[PDB]
Protein chains: 2
Amino acid sequence: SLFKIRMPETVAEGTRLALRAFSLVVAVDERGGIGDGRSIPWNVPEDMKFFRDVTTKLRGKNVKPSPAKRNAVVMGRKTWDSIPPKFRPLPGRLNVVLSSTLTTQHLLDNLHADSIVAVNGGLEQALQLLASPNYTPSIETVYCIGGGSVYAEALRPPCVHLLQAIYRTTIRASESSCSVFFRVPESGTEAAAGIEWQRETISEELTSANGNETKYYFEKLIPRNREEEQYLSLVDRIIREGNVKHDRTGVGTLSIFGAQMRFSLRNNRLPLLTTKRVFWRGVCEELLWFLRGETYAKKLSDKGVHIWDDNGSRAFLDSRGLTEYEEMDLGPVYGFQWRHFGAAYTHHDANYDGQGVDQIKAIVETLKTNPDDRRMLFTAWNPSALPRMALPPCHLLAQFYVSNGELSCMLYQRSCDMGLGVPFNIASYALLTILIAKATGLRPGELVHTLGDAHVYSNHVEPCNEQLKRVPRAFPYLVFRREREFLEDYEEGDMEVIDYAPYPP
Amino acid sequence: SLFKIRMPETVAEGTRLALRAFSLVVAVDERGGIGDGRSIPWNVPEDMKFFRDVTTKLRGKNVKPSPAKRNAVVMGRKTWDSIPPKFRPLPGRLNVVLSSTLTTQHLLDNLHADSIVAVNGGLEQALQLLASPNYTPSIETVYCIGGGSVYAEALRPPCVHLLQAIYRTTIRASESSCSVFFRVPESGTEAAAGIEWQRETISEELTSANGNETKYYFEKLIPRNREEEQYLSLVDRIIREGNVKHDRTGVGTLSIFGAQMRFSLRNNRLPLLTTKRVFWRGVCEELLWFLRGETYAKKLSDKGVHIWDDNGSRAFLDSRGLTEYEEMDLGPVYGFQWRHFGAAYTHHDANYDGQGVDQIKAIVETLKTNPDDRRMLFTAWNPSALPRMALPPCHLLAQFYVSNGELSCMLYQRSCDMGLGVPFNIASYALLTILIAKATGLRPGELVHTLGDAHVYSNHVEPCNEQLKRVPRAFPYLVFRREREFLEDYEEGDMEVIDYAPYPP
Ligand SMILES: NC(=O)c1ccc[n+]([C@@H]2O[C@H](COP(=O)([O-])OP(=O)(O)OC[C@H]3O[C@@H](n4cnc5c(N)ncnc54)[C@H](OP(=O)(O)O)[C@@H]3O)[C@@H](O)[C@H]2O)c1
Ligand SMILES: NC(=O)c1ccc[n+]([C@@H]2O[C@H](COP(=O)([O-])OP(=O)(O)OC[C@H]3O[C@@H](n4cnc5c(N)ncnc54)[C@H](OP(=O)(O)O)[C@@H]3O)[C@@H](O)[C@H]2O)c1
Ligand SMILES: CN(Cc1cnc2nc(N)nc(N)c2n1)c1ccc(C(=O)N[C@@H](CCC(=O)O)C(=O)O)cc1
Ligand SMILES: CN(Cc1cnc2nc(N)nc(N)c2n1)c1ccc(C(=O)N[C@@H](CCC(=O)O)C(=O)O)cc1
Ligand SMILES: O=c1ccn([C@H]2C[C@H](O)[C@@H](COP(=O)(O)O)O2)c(=O)[nH]1
Ligand SMILES: O=c1ccn([C@H]2C[C@H](O)[C@@H](COP(=O)(O)O)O2)c(=O)[nH]1
Ligand SMILES: [Cl-]
Ligand SMILES: [Cl-]
Ligand SMILES: [Cl-]
Ligand SMILES: [Cl-]
Ligand SMILES: [Cl-]
Ligand SMILES: [Cl-]
């Protein structure tokens, strides 16, 4: 007992008050107008249906959204009025109206069902409230539905940065008399705020069954994800240009040598790959495992994480000359080296308190006292210990760096499978940083990822081409439901990763 | 004794028969023509003087070129004839005429002085012969002076790649009747062979004191050095965008976090920076020092290398809590960790044979037997040894990789001074690779350089701006005058770095 690493008092100076990411639904005329002062000028029933369906429907199979798992819509006061009483409140969804004249009760009235909440501030507060401990597991996607004033805030920092998709219905009607305006800025413009907007989908031109045979079309717009895209263009480069190589088993690979990647961890954005679902539950579970200096791999198994299972079998241990290790015991691997570098190993049950160099601790120590130190790095690559290990480490090195009170972290990895190894490990180090940040009272900055031998497996090739066809969506956020007294005492339950919107596992 | 690493038998399969790099002098009309069949059409006396001076004059101060240190000109047979007997042979220079009809003696005739050599092949053989053990220290720059046939070979692989500068005199004369042609290809064209040609200098338009008041101008053309340029654009990025930081002494720095560089080591090209002269003699001396697992820093001092001098003083050792170490003893630093990782240190004189993990050896071992291994990496970052060291390592990690029978090598460095640290270290690892290549019977490939904290010192800033004004020239070549029985037994004398053409120290 301690020995452990003790967490600081408050959250990091000028810190991220946990927000929620959102999506925006809007209809415009060709000029980009939304409603002549109050309300809306045109009448397209097809938009209404398309509105209903976007706002209601959850991810997955035919899963009716009960209060226990549902979607939420955010609107200003004027719009909430604008909705006809026959469809008020909006069914299936959590009507969220911001107001500074009316309260939650003050709005409830025909009668009488509690699917609404009024909020005292703007969009930020909504997102804060929606990301708040109870609302978060229950509420899947947030949608902003208008109007002008609410949209203004959406395309303004720091909302615009939490803005993750725009569904935009264009109406082929035209007059000048429509007052307010909504234009998505072109990329690389001042108004763009450095965001790059792309078409993800776009419907046919369609004609409305209303009174004027008026044309309309749909389109989904997403904020281009350079970060994830660099990962992909590395995969493509390997496939096109990699050297054919053959590993220890004998499987064929394509590999390149030496590359570098970066990912913003700012405001707990978390680079889980969109183009393919990552095993976050395992990621998180394994790293906390690492952080304790753990070794008995069945701790992971017991918790439904089966990866060290292959390398933990009686067979493989023996195949690696580890007679004396009981099944699922790995020796001085990763985390052990992290916390007790150079400590002589015997078995996993054995007490390792005080033996060997506790790198992580000393790092946490230096960070707080002396941020400018060019020596804050831990290693798992111990030549003397390597033979006693079930597996030499891939991610063998990490160096920390601090600027503008933000913590960055370079990770070095000698052998990198883009297939799953890599995306997994990116998430893994992203978490470490965020945690270490939290432990040293700093905001998180960048993860820099340096790859040694980067490879794709011979089987993986064609699969990977399927992945390369997809566009990367925006990244999710790590948010803490709870904090702990000691870093070591953190658990998967304590955090929850919000707004992860991938494509199939 | 051995213990050591034993060198292989022959040189690496399909290997670089040591060549010399050269420069090209040529005159053209505006159409790019050089001489109507045999000889030259126009008469410009100013070209002749400019020819004389380029071909004769050595680098440095008023140093008359004696046979002991001089310049060499390479010409085909027809040109050697073309020279009028009153200036034959060309004075101050080693007239080198290739022929397959006439020999060295066969050409000597008025009479009678031995400043010439005939060669049986083309330009390659010339360069080979000029880089040959005796001719190399003595002969400073090689110039190719024509004609058509010799120029053809110059702009052809693999000469064009050893081609390092073109001095081109343009004559503002015009007819069609000039037969042969000389055009430098535009960059990114087929004919360019992937080389990018740039103007380094260009004179005034000038009028010849000959019979027709004919115009002419000069210009120097160099093959753009992307490689070195990446180093520079990193320096500029730091200066423009680096975070102000303050190191352990207290000096001010500008730093960035995490970057990556590459350098071709192919055919023993050696990335010594042109934009500022590097201390090669020290580089080479220190790395061989490393390679032996050496520690008594005075071995370097004795050999006129004073860098470990500051960190080796009685003072600094004491300042680092090293009472027991005699002056100029550093503890388990760099090379020691390389050769005896984890060996318990006592003093430099003490025998360390057989103790600790000999990384380098095992690497050399694996390379030969199993090139596809993703584990060939040595480290100097030993947490248990760090406190006993006078200095923690900057270059703490190197991983090797083999493709197409070429050896590449990634180097990881945690703290990087662009001022001198970096350029020095690039050369340092380039040498290691070349040597390790030689030890494992492989050709050398790429050095990949990964920088952690990259910085420029507060003083260094303005100096560095002066450097940034320069254009990087082409890189030099490492060539071996002699080989050794064991890797350890190599010496600075054994090799000689040819064609290093910088700007002031
Ligand atoms: N074409 C389309 O798809 C599109 C979409 C939606 C709506 N529209 C239309 O366009 C019109 C635009 O009008 P609008 O923008 O004024 O509508 P609105 O968004 O519904 O009205 C904003 C109201 O929300 C509350 N609010 C906003 N920010 C707040 C804050 N920071 N703190 C506390 N309360 C806050 C305020 O009510 P309190 O007075 O109570 O404080 C405020 O009056 C709407 O009437 C709508 O019908 C068009
Ligand atoms: N404008 C300018 O600045 C410029 C510069 C220089 C010259 N020029 C003129 O342009 C003309 C071009 O004619 P050119 O190109 O035929 O002249 P050249 O280069 O002097 O003649 C080539 C001769 O060199 C020997 N040689 C070349 N390659 C060889 C090889 N691979 N192995 C053995 N021997 C080799 C051959 O002599 P063997 O028969 O003995 O084998 C061959 O005939 C010259 O006459 C010159 O006056 C113009
Ligand atoms: C005034 N208002 C806001 C409104 C209207 N059209 C939009 N159209 C688009 N594309 N995006 C929006 N932001 C949007 N917002 C309204 C008006 C009617 C209903 C409405 O009838 N609600 C039903 C629609 C059912 C139906 O008519 O089919 C629902 O279930 O959502 C809601 C919001
Ligand atoms: C035919 N030939 C080859 C020749 C002539 N002009 C050139 N001009 C240029 N720019 N580049 C060359 N390749 C070149 N080559 C010649 C002709 C004369 C002399 C010559 O008179 N040599 C004296 C020149 C002394 C003088 O005339 O001032 C010397 O010292 O180099 C040499 C080479
Ligand atoms: O965290 C990990 C663990 C394993 N691997 C994969 C990639 C390589 O194929 C292999 C590395 O093991 P060796 O090649 O050195 O045996 O494991 C990773 O990419 N990341
Ligand atoms: O091979 C070397 C040796 C030293 N340094 C310089 C750069 C840093 O300023 C300093 C590293 O030492 P610390 O900052 O960790 O004390 O030494 C290098 O760049 N390369
Ligand atoms: Cl329906
Ligand atoms: Cl009102
Ligand atoms: Cl067992
Ligand atoms: Cl003169
Ligand atoms: Cl002839
Ligand atoms: Cl002493």
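Note: chain IDs run A, B, ... matching the order in which the sequence lines appear. All residue numbers given for chain A refer to the PDB entry; the residues shown span 2-110, 119-514 in order. Note that chain B is numbered according to the PDB entry, with residues 2-110, 119-514 shown in order. All ligand and atom numbering here is 1-based and tracks the order in the structure.
According to the PDB, the drug at ligand 3 is methotrexate.
Here the macromolecule bound to methotrexate (ligand 3) with the most contacts is known in UniProt as Bifunctional dihydrofolate reductase-thymidylate synthase. Other chains reaching under 4.0 Å from methotrexate (ligand 3) with at least one heavy atom: A. Between methotrexate (ligand 3) and the UniProt substrate-binding residues of chain A, heavy-atom distances under 4.0 Å are seen for A:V26, A:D48, A:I154, A:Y160, A:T178. Closer than 4.0 Å to methotrexate (ligand 3), one finds the following other ligands or ions: ligand 1 (NADP nicotinamide-adenine-dinucleotide phosphate).
Intersecting the UniProt NADP(+)-binding annotation for chain A with heavy-atom proximity to methotrexate (ligand 3) (under 4.0 Å) gives A:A28, A:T80, A:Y160. Across chain A, the UniProt domain dominating contacts with methotrexate (ligand 3) is dhfr. For methotrexate (ligand 3), the closest UniProt active-site residue in chain A and the least heavy-atom distance to 1 Å are A:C403, 47 Å. Applying a heavy-atom cut-off of 4.0 Å to methotrexate (ligand 3) picks out A:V26, A:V27, A:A28, A:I41, A:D48, A:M49, A:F52, A:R53, A:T80, A:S83, A:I84, A:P85, A:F88, A:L91, A:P92, A:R94, A:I154, A:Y160, A:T178.
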